[PDB]
Q: 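The structure that follows is given in the form of structure tokens.
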There are 2 protein chains.
Amino acid sequence: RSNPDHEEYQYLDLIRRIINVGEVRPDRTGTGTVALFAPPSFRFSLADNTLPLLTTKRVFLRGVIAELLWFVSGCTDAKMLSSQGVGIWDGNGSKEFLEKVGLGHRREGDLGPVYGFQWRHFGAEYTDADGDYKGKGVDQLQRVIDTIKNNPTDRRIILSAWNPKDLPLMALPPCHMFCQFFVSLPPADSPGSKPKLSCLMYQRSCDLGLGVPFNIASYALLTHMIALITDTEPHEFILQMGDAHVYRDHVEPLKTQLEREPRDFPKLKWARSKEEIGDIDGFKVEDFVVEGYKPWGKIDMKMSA
Amino acid sequence: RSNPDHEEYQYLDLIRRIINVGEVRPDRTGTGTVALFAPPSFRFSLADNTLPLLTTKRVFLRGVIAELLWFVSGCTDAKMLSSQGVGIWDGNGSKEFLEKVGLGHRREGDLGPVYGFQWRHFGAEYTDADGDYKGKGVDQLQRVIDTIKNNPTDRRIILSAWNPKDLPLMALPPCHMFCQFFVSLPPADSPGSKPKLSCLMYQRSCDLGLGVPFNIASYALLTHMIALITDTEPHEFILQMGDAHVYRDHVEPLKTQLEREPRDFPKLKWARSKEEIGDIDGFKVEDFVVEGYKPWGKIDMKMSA
Ligand SMILES: C#CCN(Cc1ccc2[nH]c(N)nc(=O)c2c1)c1ccc(C(=O)N[C@@H](CCC(=O)O)C(=O)O)cc1
Ligand SMILES: C#CCN(Cc1ccc2[nH]c(N)nc(=O)c2c1)c1ccc(C(=O)N[C@@H](CCC(=O)O)C(=O)O)cc1
Ligand SMILES: *c1cc(=O)[nH]c(=O)n1[C@H]1C[C@H](O)[C@@H](COP(=O)(O)O)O1
Ligand SMILES: *c1cc(=O)[nH]c(=O)n1[C@H]1C[C@H](O)[C@@H](COP(=O)(O)O)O1
């Protein structure tokens with residue numbers, strides 16, 4: 001390894017380990033997987049505007065950003081993603097899947113009270129994706145922003161989408177069920193510096209081939225976004241996994257990826273200022289300027305619904 | 001070290017690290033702490049009836065068991081613990097503290113919809129600790145039991161007390177906010193063996209001196225309990241921490257503990273059979289037979305309310 005310390009090796013090494021000593025298991029989708037439970041967590045530095053966007057394969061960056069802004073908006077209609085050319089949620093939002101999980105009364109694309117809804121309206125009563133939820137439920141995301149700015153040492157800076165009561169209304173239960181932010185105060189020797197912002201996310205189920213690449217970049221981006229609005233400096237992103245698995249039909253495609261040497265991670269820059277963006281709800285896809293992204297070729301992998 | 005691989009060194013080493021390079025910070029209690037965010041997780045083997053009850057200091061075992069059976073029962077009245085000689089929750093259940101956090105309308109000891117209530121009645125409306133919640137809300141615990149027995153490869157075996165909507169009603173927000181169970185199927189070379197049960201718990205805020213010792217034994221015991229009811233074999237317990245800290249007034253007392261060499265962990269045996277206990281709600285303090293516990297002397301540490 002030209003550069004053995006490249007953070008991407010964490011991802012490649014775990015996949016190799018799962019394939020090697022993982023346990024073959026049946027699963028909800030019916031395709032089957034090989035898995036390990038609670039492996040060591042991943043750590044990615046977010047310093048110097050670094051964005052841990054995997055380079056051993058081309059990652060659909062725009063899809064990650066679109067999905068993230070979608071979460072932030074509190075929207076749960078997958079059509080808002082497919083209309084802009086992002087179909088990652090088309091599979092679980094299809095009329096065929098919804099009816100399959102007992103949600104036939106919903107129009108196609110209406111995923112239910114998933115991620116975004118819990119993030120901005122936790123506890124509110126869900127009708128459909130067109131419902132008026134403004135000012136209803138708990139806005140966890142804004143509370144996180146307010147807390148980081150006015151009481152950084154607080155120990156409850158949590159953002160969670162897990163809701164046992166709403167689960168049956170969801171086309172799919174949250175995979176990244178929650179994350180915790182931490183703010184390091186400016187060192188004594190130089191109190192003018194910006195506090196450092198870190199994020200730990202826990203993912204109950206992890207599709208290493210398809211999902212993890214998105215999850216890693218997504219939460220890294222969320223932390224960068226929150227850092228901008230709170231005048232803090234992104235520091236570290238930690239990802240703890242529960243059921244970490246590699247789908248059976250992903251094994252061969254991933255072996256090809258395992259042969260590739262990572263390129264230095266790209267950097268993130270903002271196309272607009274903090275003032276122009278305003279708050280967490282003012283970001284736009286075009287605001288994300290990712291430079292230096294130099295990935296290898298794309299690797300085709302089918303998603304199991 | 002006579003036994004460098006003793007699992008208790010994970011706990012001792014982390015405390016040493018926090019004291020050495022941890023960051024000095026202000027906190028809600030006002031006593032102050034030294035902390036590190038998201039340190040490597042702890043792993044404890046639960047095989048061969050092993051119970052990771054710390055030995056470098058005498059741990060109030062009966063108090064751990066009592067609190068756990070209290071959680072399971074869904075009860076939120078701290079008087080149910082103090083009446084049996086366990087006052088770990090007297091501090092946050094006292095009238096002064098309750099009135100202090102805006103809950104003066106509650107009788108002393110009524111902590112609100114904390115741990116146990118969320119575990120067995122998530123989503124139900126909370127009135128007071130005497131309310132009738134039977135059959136109300138989501139019983140996450142029993143669902144976990146049923147899932148382990150009938151669909152072990154499920155990836156949603158989650159037990160969580162985090163409830164953004166109910167937080168303000170709680171004397172204190174959940175520290176151990178959730179855990180995930182995992183079941184390994186019997187290997188091919190012996191399909192008669194019992195499936196192996198593991199548990200990963202995530203704790204947002206960790207008082208290493210006082211809380212962690214209880215948290216470790218508590219979730220280890222919970223896994224042993226669930227294993228009995230589900231005909232599975234306890235395997236491993238993983239603990240991931242968020243804000244890992246040592247209170248200022250615990251530093252000196254802990255230094256004394258750091259000088260001690262761990263004794264082999266004790267073992268857990270049941271005073272009754274699975275049939276006699278019946279289900280997760282049938283356990284009694286006397287059912288827990290811990291043998292071989294050989295700890296060093298107690299170490300006094302004050303809890304910051
Ligand atoms: C995590 C997350 C968000 N999600 C949502 C989501 C929904 C159901 C899931 N189901 C399964 N089995 N695995 C998943 O990772 C998963 C993820 C994603 C969904 C699909 C892809 C995907 O198929 N990507 C392909 C094609 C990308 C493209 O459209 O160009 C890829 O090659 O990456 C990525 C992320
Ligand atoms: C986690 C958890 C449950 N809890 C609940 C709970 C509630 C508020 C808290 N607040 C703070 N600052 N730290 C805590 O760990 C904490 C824990 C506990 C509460 C007290 C002790 C404690 O004082 N232990 C002393 C005395 C033991 C005894 O009563 O005999 C000790 O020496 O261990 C331990 C656990
Ligand atoms: C879910 C969504 C996400 O953001 N990331 C993911 O990796 N996934 C994966 C996990 C799993 O393979 C599948 C969901 O299936 P299940 O609910 O765990 O049965 O999507
Ligand atoms: C909370 C309860 C528990 O089970 N274990 C714990 O260690 N604690 C600790 C963490 C922290 O010191 C305090 C809770 O205060 P805060 O909500 O984190 O501000 O108790």
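Numbered from 1 within each chain, the chains take letters A, B, ... in sequence-line order. Whatever order the structure lists them in is the order used to number ligands and atoms, beginning at 1.
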Q: I can't remember which of GDC-0994, BMS-986142, CB3717 is at ligand 1. Can you help?
A: CB3717
Q: Mind checking something for me? Which chain has more close contacts with CB3717 (ligand 1) than the rest, going by UniProt?
A: Thymidylate synthase
Q: Which other chains have one or more heavy atoms under 4.0 Å from any atom of CB3717 (ligand 1)?
A: A
Q: Provide the binding site of CB3717 (ligand 1) at 4.0 Å, counting non-hydrogen atoms only.
A: A/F60, A/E67, A/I88, A/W89, A/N92, A/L172, A/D207, A/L210, A/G211, A/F214, A/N215, A/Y247, A/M303, A/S304
Q: In this entry, what organism is named for chain A?
A: Filobasidiella neoformans
Q: Please confirm whether A/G211 comes within less than 3.5 Å of CB3717 (ligand 1) when only nitrogen or oxygen atoms on both sides are compared.
A: yes
Q: Among all the protein's non-hydrogen atoms, which is closest to atom 12 (N) of CB3717 (ligand 1), and how far away is it?
A: A/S304 O, 2.9 Å
Q: Can you tell me the protein heavy atom closest to atom 21 (C) of CB3717 (ligand 1) and the distance?
A: A/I88 CG2, 3.9 Å
Q: Would A/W89 count as being in polar contact with CB3717 (ligand 1), using the rule that some N or O on each side must be under 3.5 angstrom apart?
A: no
Q: Considering heavy atoms of the protein only, find what lies nearest to atom 16 (C) of CB3717 (ligand 1) and give residue, atom and distance to 0.1 Å.
A: A/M303 SD, 4.0 Å
Q: To the nearest 0.1 Å, how far is atom 29 (O) of CB3717 (ligand 1) from its closest protein heavy atom, and which atom is that?
A: A/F60 CD2, 3.7 Å
Q: So which heavy atom in the protein is nearest atom 22 (C) of CB3717 (ligand 1), and how far is it from that ligand atom?
A: A/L210 CD2, 4.1 Å
Q: Could you check which UniProt dUMP-binding residues of chain A come within less than 4.0 Å of CB3717 (ligand 1), heavy atoms only?
A: A/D207, A/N215, A/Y247
Q: For A/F214, counting its heavy atoms only, list the atoms of CB3717 (ligand 1) lying under 4.0 Å from any of them.
A: 1 (C), 2 (C), 33 (O), 34 (C), 35 (C)
Q: For A/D207, counting its heavy atoms only, list the atoms of CB3717 (ligand 1) lying under 4.0 Å from any of them.
A: 11 (C), 12 (N), 13 (N), 14 (C), 15 (O)
Q: Which UniProt active-site residue of chain A has the minimal heavy-atom contact distance to CB3717 (ligand 1), and what is that distance to one Å?
A: A/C175, 6 Å
Q: Considering non-hydrogen atoms of the protein only, which is the closest contact for atom 3 (C) of CB3717 (ligand 1), and what is the distance?
A: A/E67 OE2, 3.0 Å
Q: Protein heavy atoms near atom 31 (C) of CB3717 (ligand 1), is at least one of them under 4.0 angstrom away?
A: yes
Q: Under 4.0 Å from a heavy atom of A/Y247: give me the atoms of CB3717 (ligand 1) that qualify, with their elements.
A: 12 (N)
